[PDB]
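So, a structure with formoterol in it.
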Amino acid sequence: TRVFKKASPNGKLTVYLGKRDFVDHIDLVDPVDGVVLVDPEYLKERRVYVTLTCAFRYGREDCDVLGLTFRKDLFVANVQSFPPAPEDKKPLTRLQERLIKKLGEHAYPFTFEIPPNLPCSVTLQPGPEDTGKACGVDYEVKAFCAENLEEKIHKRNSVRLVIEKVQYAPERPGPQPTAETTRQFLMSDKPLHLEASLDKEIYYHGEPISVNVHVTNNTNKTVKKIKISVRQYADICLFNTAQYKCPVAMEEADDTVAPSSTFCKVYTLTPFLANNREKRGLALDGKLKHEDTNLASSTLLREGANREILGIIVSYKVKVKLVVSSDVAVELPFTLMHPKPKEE
Amino acid sequence: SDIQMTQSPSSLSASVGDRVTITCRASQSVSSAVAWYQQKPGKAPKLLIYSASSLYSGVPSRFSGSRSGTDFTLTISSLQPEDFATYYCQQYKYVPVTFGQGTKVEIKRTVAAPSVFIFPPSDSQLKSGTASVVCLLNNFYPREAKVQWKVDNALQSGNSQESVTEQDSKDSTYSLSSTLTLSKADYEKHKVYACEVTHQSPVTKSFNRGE
Amino acid sequence: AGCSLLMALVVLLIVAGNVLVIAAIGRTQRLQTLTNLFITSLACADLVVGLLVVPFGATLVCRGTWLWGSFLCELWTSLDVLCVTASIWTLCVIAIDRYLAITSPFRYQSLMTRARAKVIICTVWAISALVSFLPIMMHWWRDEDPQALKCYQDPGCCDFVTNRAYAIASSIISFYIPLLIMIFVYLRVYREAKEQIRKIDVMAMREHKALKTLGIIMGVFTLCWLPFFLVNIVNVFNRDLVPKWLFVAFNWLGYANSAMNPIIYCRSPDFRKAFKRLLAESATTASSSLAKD
Amino acid sequence: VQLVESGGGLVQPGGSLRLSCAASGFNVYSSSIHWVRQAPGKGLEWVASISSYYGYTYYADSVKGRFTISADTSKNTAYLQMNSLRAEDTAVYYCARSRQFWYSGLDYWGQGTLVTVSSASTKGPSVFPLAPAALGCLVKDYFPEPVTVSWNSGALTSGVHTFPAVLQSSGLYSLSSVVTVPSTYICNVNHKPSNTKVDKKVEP
Ligand SMILES: COc1ccc(C[C@@H](C)NC[C@H](O)c2ccc(O)c(NC=O)c2)cc1
């Protein structure tokens with residue numbers, strides 16, 4: 001296998017992280033396990049400290065005219081890498097044990113355990129004119145050297161190896177999304193059934209979505225157009241809970257349903273980024289600068305847990321709405337993310 | 001710049017139920033993103049291994065991939081008759097992706113003497129105005145057989161086309177045809193045309209223009 | 001007494017600071033951010049001050065009369081109100097931007113666009129011209145007082161005299177309204193900043209530094225501009241009651257804001273490094289082979 | 001699960017062509033369509049790729065500019081508009097797919113569409129016998145090279161060695177079909193482009 005080894009500007013610190021992307025199981029998040037190769041002769045007085053900080057960048061500026069930092073550490077853990085502390089001792093994994101053998105005694109292992117119910121690696125799409133670091137949650141194992149944690153972290157000794165906490169699709173398929181909204185107009189005084197539904201709940205990125213819109217308009221009023229919008233709701237709860245909506249795919253069909261008539265159409269849509277790159281504030285998946293960033297994967301939150309979680313929590317729902325001579329609307333939620341890569 | 005992938009061997013000889021190994025070195029430090037494909041004569045390529053360590057779903061398990069830094073390796077424990085085809089290595093890490101030069105794998109058999117023959121241009125070719133002599137090498141292995149032309153006992157290195165035939169499944173032997181095209185005027189200037197074949201001592205066969 | 005050195009000092013300060021800020025924002029691609037272009041219009045507005053306004057103003061003050069030109073007197077005056085109104089509105093715009101960022105950072109990403117920010121500063125320059133140039137072209141600012149009419153008729157006289165209506169209208173639309181928006185926006189920013197620091201709580205030091213930064217940028221602006229518009233409000237009610245030498249002294253105190261804006265609003269490390277360079281890394285992620293089991 | 005390409009035919013240098021590739025069993029957004037050409041007797045050479053999910057149009061250094069790759073989402077079809085053609089572009093273009101999330105080789109490959117590029121126009125299969133323990137038939141001055149030589153209308157299928165067509169400096173293909181016999185040997189050369197059936201008897 002291979003191990004990603006990012007080195008510090010000076011070159012003394014080199015963190016050997018086995019993988020830059022860690023599968024996110026809602027039941028038990030995987031550990032960020034690695035070893036830091038340092039020279040025992042160098043920094044004889046200081047102590048190598050590694051920290052896995054989940055910095056949520058809400059502003060695209062490291063510093064501004066006011067001096068306020070525009071990055072909040074939602075989850076920051078500090079473990080003493082060298083010298084090994086008896087209290088911080090952890091059972092070395094197969095990856096860590098193999099790395100220490102290859103590197104030798106000069107290398108010291110470090111392990112982390114990301115608590116569950118945390119935001120995944122999501123990046124707010126910066127516009128084409130935007131200049132600066134992309135916003136969103138990003139995990140990074142900053143390996144620095146300092147006598148204490150509160151001491152200024154010199155960038156020459158730091159190792160900012162940004163990683164991504166990606167969440168793939170579950171092995172079990174979800175229930176068929178189904179939602180029906182009936183609106184009764186005062187003048188018409190008759191129901192307007194909109195029994196739209198999806199073929200499946202788990203959709204792979206780039207896979208077409210088939211919305212079986214089944215309209216049964218019994219009211220005298222007729223629908224002029226059928227607008228299906230795949231609204232991406234980013235539940236950002238950093239300071240104040242706010243659901244930011246961004247349409248990633250809109251289909252406005254000029255299909256009219258005469259009064260006292262039924263309708264049934266399977267609209268095929270596909271959430272893609274090629275057209276949504278102009279959209280500002282869109283939540284994209286958190287990937288490395290080299291790898292291409294796709295649409296943010298739907299965060300699978302723990303059932304029966306806190307509804308508010310700091311960071312970006314994207315949720316996709318197709319909004320099948322019919323405009324009438326007010327308008328009817330119904331939201332069918334669905335989870336959009338990649339499947340677990342098969343390994344053997 | 002373009003990361004050219006140097007693949008070797010250019011032509012690997014093996015037998016059924018044998019172990020083969022194909023090496024592919026990248027000009028730059030490419031990551032594990034190095035696929036391996038199988039290209040049969042006429043048919044389309046087939047993705048054997050992806051990521052240089054993961055076999056594609058639906059391919060035989062005998063194939064295997066191993067990385068040694070920048071020299072990627074595709075190993076086949078026991079190659080079957082269907083495994084006799086070209087192999088290519090592409091680096092989809094950096095664009096533009098660059099494929100390999102190819103490694104044609106054929107059946108290995110006992111070395112056999114080459115059947116060398118010469119055929120001058122018929123009367124029809126002489127009248128057409130563009131005469132051409134040809135030399136045929138039948139039932140010879142391996143394909144690495146050099147042919148030299150001698151229009152007047154002088155080595156010719158121009159206006160000569162060489163064609164190689166795919167290894168037939170009957171005898172697993174190769175066939176080569178070297179055609180030297182000359183004008184009606186230059187053709188008559190030379191008297192005896194000969195073909196010298198060098199392939200596993202060299203044999204020279206000559207035939208005078210006038211019978 | 002000499003006015004060349006006293007006037008040259010501030011002149012060199014404004015031109016030097018602004019040229020340095022403009023050069024740092026242009027040459028350096030990292031500084032070409034969204035919040036920086038707001039300061040580029042402030043520095044651009046402050047540059048025109050030290051280039052055309054401050055030099056002509058200093059001469060008129062110590063010489064005693066305006067001998068450059070009859071129409072140039074009104075042109076220089078209109079350009080002065082334009083730059084001041086533009087500088088004040090720019091300080092209020094960037095303040096609103098910091099509020100939109102600190103309070104609603106996620107909405108600020110999509111709401112505040114580079115092209116939109118360019119339109120914002122363009123509208124700021126437009127409203128300032130409507131308050132400065134439009135009245136000058138129509139002479140609406142000219143007062144009907146006897147001393148005011150005498151000064152206008154005299155080509156040499158160029159004292160800034162305005163009527164009650166225009167004086168109040170300009171004072172409320174140019175300084176007081178942006179002032180109320182600025183003080184209110186900064187108060188909300190300070191409250192929200194403390195809440196963010198409390199939620200997060202090296203940590204307290206940065207908080208105190210940010211809180212101190214906010215105070216100095218607001219105190220320097222107030223202490224410089226408030227006195228000028230404060231005495232002007234009384235001058236409008238009683239022109240003869242207020243003195244001319246004090247009106248000029250406070251007007252120069254207001255120009256000091258534009259003079260200190262480049263060094264006060266660009267104190268961030270990104271701007272300090274660019275200034276040091278004008279006055280004069282991240283290692284790629286590799287990989288190693290792990291011995292297979 | 002199946003990629004079928006079409007639109008590859010004979011074109012002269014500097015012409016225009018539109019190679020189409022229809023997909024079945026997979027959408028163009030979830031997987032990027034790639035085009036790789038393999039010249040006769042040469043290795044594969046990536047031509048261009050299209051990522052509909054990202055709208056990225058990647059071209060090779062030597063092929064960039066002259067080629068234009070596009071994709072129709074409504075018909076899940078890929079198009080490779082070709083302009084300013086050159087003789088080097090003569091190859092068997094293949095239309096394959098790559099997983100967008102994430103790139104893992106090229107799973108499925110198309111059958112291929114031979115697109116020859118040469119200035120020489122269609123010509124007849126000029127046959128020439130070849131005799132002295134073997135006889136042969138040499139076909140010359142023909143383009144393209146789908147020629148198929150059969151001995152005695154395919155009756156003599158033993159010892160026959162049909163060599164592949166080789167491109168000449170003039171741009172016309174040529175191949176020789178030789179049969180081995182110690183000791184009345186008709187040779188039928190069929191050219192479909194020209195619709196010709198040349199029959200000749202090879203003798204000493
Ligand atoms: C009496 O002696 C004098 C002579 C000249 C001046 C300079 C004045 C043009 N600067 C004006 C200043 O630049 C400014 C800025 C913004 C404004 O809205 C207004 N208008 C006030 O009514 C004025 C001052 C006093």
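Sequence lines set the chain letters: A, B, ... in the order given, protein chains first and strands last, and positions in each chain run from 1. We use all heavy atoms of the structure for the numbers below, so side chains are in, but hydrogens, waters and symmetry mates are not. Both counts, for ligands and for their atoms, begin at 1 and track the order of listing.
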For this session: Look up in UniProt the name of the chain making most contacts with formoterol.
Result: Beta-1 adrenergic receptor
Problem set entry | Chain letters with a heavy atom under 4.0 Å from formoterol | C
Exercise. Which UniProt cyanopindolol binders of chain C are under 4.0 Å from formoterol in heavy-atom terms?
Worked result: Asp80(C), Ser170(C), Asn251(C)
Exercise. Which transmembrane segments of chain C pass under 4.0 Å from formoterol, judged by heavy atoms and numbered from the N terminus following UniProt?
Worked result: 3, 5, 6, 7
For this session: Extract every residue of other chains having a heavy atom under 4.0 Å from formoterol.
Result: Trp76(C), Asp80(C), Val81(C), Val84(C), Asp159(C), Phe160(C), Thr162(C), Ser170(C), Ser174(C), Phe228(C), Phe229(C), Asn232(C), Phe247(C), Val248(C), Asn251(C), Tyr255(C)
